[PDB]
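Structure note - benzylpenicillin present.
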Amino acid sequence: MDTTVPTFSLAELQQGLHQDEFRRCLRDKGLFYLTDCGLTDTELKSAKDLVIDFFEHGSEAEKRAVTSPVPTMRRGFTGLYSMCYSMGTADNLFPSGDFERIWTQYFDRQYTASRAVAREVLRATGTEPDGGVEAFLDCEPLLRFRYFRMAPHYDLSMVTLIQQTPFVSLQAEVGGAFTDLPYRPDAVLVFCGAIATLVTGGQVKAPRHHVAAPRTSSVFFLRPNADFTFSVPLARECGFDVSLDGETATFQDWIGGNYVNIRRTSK
Amino acid sequence: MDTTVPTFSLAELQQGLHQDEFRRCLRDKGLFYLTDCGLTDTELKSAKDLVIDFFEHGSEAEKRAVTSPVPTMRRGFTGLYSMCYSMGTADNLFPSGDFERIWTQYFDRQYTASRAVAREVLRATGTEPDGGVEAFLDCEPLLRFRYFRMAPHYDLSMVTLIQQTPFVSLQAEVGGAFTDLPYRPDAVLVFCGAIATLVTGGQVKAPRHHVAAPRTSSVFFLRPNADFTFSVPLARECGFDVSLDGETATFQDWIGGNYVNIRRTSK
Amino acid sequence: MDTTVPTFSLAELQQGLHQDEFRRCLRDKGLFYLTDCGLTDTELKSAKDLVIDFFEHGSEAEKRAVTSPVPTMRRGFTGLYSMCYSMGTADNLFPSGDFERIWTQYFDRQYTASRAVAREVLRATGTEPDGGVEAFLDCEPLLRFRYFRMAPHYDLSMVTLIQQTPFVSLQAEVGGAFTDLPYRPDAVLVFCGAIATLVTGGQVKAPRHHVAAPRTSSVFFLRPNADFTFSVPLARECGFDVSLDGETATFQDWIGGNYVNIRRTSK
Ligand SMILES: CC1(C)S[C@@H]2[C@H](NC(=O)Cc3ccccc3)C(=O)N2[C@H]1C(=O)O
Ligand SMILES: CC1(C)S[C@@H]2[C@H](NC(=O)Cc3ccccc3)C(=O)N2[C@H]1C(=O)O
Ligand SMILES: CC1(C)S[C@@H]2[C@H](NC(=O)Cc3ccccc3)C(=O)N2[C@H]1C(=O)O
Ligand SMILES: [Fe+2]
Ligand SMILES: [Fe+2]
Ligand SMILES: [Fe+2]
């Protein structure tokens, strides 16, 4: 195994190409850049531009009308010496007139790409989730766009898609050492998270990553439904320090009644 | 909307005065000073004085006899280069002879004021909790008195009452920026917490607050019972990033088996 | 009460000696060194030596083959500018050929000593766990060996056994102040954790401890099963700030679906 973060074309994967290379990437690294998945730089511009014009020029009242009453960063605007804009499949809060269109299309592209790669991850590992593949992937995504440092953690998602604007702050553990993860023109960076490890019975690594110290980021978490069900003994076999009585459990059983998106190894 | 933290008299509120002003305060700010609620400065003195005489002059054995065996800061004394004294409605640990009297009366005054303002918050928003108003308010309060810095968080209470001794360290987000919250002679500072937002279907803001860097504080958390029940879809509509299967849930379902009093927006 | 961290011989305890001294130690301090429990310095050498030879000379591929796909520090190797090696009663990941033998024997010695002292703690306090003593002690231990700072916390274990290599970084609160806890040639340091307090109805202190700033440590957590059941009102009486409806609950109910090993007093 070398220490190169690989790149895969989603379309080539969907055509059955690079099977061994993909499978070993998932087992040994758990991250990769993904091309050919409908996330062209053009589009990040349309979405980026109008959010960035809301962030700098939205009035305090305009911001307040798209702020939730609890500051959870789940939907709408959050002031944080940074600003965030969050979305999912429903219950969104949109500025204006043309923002909704642009951002619904952007979200859709990312949700589709995310489901698609996750579908390939399942296929590559021979995994049939309890309840089937499509009910598993029809889930609880969350998109956060941040505009202007992260201690090492791993994601609790199935997969996480990250688009950025281009010093390389983002690094990940590859082969036992942190490696730069720079902006890739027509690629998105995919991190496998803990739910990939869980659902596939340990066939996918969930790598640790952080942001080092010396701008904008789009992070799409593909998160399972509360009712995603898994084998308890199987979870223990792959490193999950579960406190679950009995033989099956749900995501809700494991993580509790509020989504938790990341975890540190520390305790 | 201006950036002034308002003041309301509880008695005027109870008489039906300032309805619009109160309702908009709750929706747009979620904090206010409260007068005319039975929390006169005199009384904080009686209680403050004798706890402060326990903190400086209680022996190590006297302190130990009012320390719980797990250092949870729920009841009795905690050494923390600060000291804390905690109370609720039962299972208390009291020094001496006259402390119990003074502190039971002080606690009662604060629990009554807390229930009263919460009653007004419910009324102002047209909210009938599942199970009714009075069973909701007959809850699980916790009073902590601290004697001698806080990163931004919001409270998970229904309301939080804060009395202090008088540089202004306490600040809260109002209108998108942090604002000083100084000692007010015959007033208590009320923060709405996340359970206010939850129970009222999003009609009350739970503002973020912190303690900035350059003394004593009394913080009364009005916390719901474990069995407080709410609509899951409704929770999602107001920003709660819940992982709850099905249509209703309890506080225990949401937060788990141990009270959590505060939360950071971060994850 | 003096501020000396006591030492007890397990064999003397098992013979009925030092009953008062032991019981008061548990109530007032909740920590002690333990001799005569089968944890001779020789043995820590055998185990220490071969893990330390894996840590410095195991290749990246050899390390990877004993690394779990989620970096939870539950089993096998973790890189962390430190390395960890973790074990329990099953699902272990072992280097080589002779490591498994050595480390299985080492783990067994520590699990036996841990159950033995816990048995004495129960006996000294007259405690019969729900379901009986031996089903309680046939539990979910976790051993972590760390090779090269800790903010104050208390353990959520029944007991924690700590062997170290010999400035004294480890300190604990005894009598209201932090006290050095140096390496003891043929002794192990025992901290009672919160489950000792819980199961005994408050008869055992769970002391706070930390690592101060100016090497290797072996920390064995004896952790209850998910189904360990306790009285809710009784828990509240001893300081546990539980949010549990009804009269009995399990460890899983209280802490959730993932083990949590430590807690800070802070919230
Ligand atoms: C958890 C994260 C949001 S942090 C990392 C990256 N974020 C940034 O690089 C922006 C940032 C700047 C300063 C501090 C934190 C994050 C980004 O996006 N990443 C997410 C992830 O790690 O899955
Ligand atoms: C969570 C808090 C206990 S912190 C804040 C204030 N506390 C203080 O101002 C005293 C303090 C000094 C230094 C560090 C933390 C708190 C106080 O009381 N506040 C509580 C709240 O925010 O609801
Ligand atoms: C939680 C701990 C793992 S930390 C403490 C001691 N660990 C060390 O002394 C090594 C260390 C060095 C630097 C930072 C943290 C821990 C050790 O072992 N202790 C454990 C405990 O406290 O029950
Ligand atoms: Fe992440
Ligand atoms: Fe607070
Ligand atoms: Fe510890």
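Lettering of chains proceeds alphabetically from A, tracking the sequence lines in order. Numbers in chain A come straight from the PDB entry, and the residues shown are 1-80, 97-164, 179-196, 201-248, 258-310, in order. Just so it is clear, chain B uses the PDB entry numbers, and the residues here are 1-80, 97-164, 179-196, 201-248, 258-310, in order. All chain C residue numbers match the PDB entry; in order, they span 1-80, 97-164, 179-196, 201-248, 258-310. Counting convention: from 1, in listed order, for ligands and their atoms alike. Below, each value reflects all heavy atoms present in this structure, side chains not excepted, and no hydrogens, waters or symmetry copies.
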For benzylpenicillin, what are all the matching ligand numbers or chain letters?
-> ligands 1, 2 and 3
Going by UniProt, what is the chain that binds benzylpenicillin (ligand 2) with the most atom pairs under 4.5 Å called?
-> Deacetoxycephalosporin C synthase
Which other chains sit close to benzylpenicillin (ligand 2), with any heavy atom less than 4.0 Å away?
-> B
Which of the atoms in benzylpenicillin (ligand 2), numbered in the order shown and given with their element, are less than 4.0 Å from a heavy-atom of B:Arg179?
-> 13 (C), 14 (C), 15 (C)
Number the atoms of benzylpenicillin (ligand 2) from 1 as they appear, then name those within less than 4.0 Å of a heavy atom of B:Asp185, with their elements.
-> 23 (O)
Using distance alone, decide if benzylpenicillin (ligand 2) has a nitrogen or oxygen within less than 3.5 Å of any nitrogen or oxygen in B:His243.
-> yes
Looking only at distances, please establish whether an N/O atom of benzylpenicillin (ligand 2) is found under 3.5 Å from an N/O atom of B:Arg162.
-> no
Benzylpenicillin (ligand 2) to B:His183 polar contact by distance, N or O atoms, under 3.5 Å = yes
Is benzylpenicillin (ligand 2) less than 4.0 angstrom away from at least one heavy atom of B:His244?
-> no
Which of the atoms in benzylpenicillin (ligand 2), numbered in the order shown and given with their element, are less than 4.0 Å from a heavy-atom of B:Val262?
-> 17 (C), 18 (O)
List the UniProt domain of chain B that dominates the contacts with benzylpenicillin (ligand 2).
-> Fe2OG dioxygenase
Please list other ligands or ions within less than 4.0 Å of benzylpenicillin (ligand 2).
-> ligand 5 (FE (II) ION)
Report the binding site of benzylpenicillin (ligand 2) using a heavy-atom cut-off of 4.0 Å.
-> B:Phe164, B:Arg179, B:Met180, B:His183, B:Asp185, B:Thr190, B:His243, B:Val245, B:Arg258, B:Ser260, B:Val262
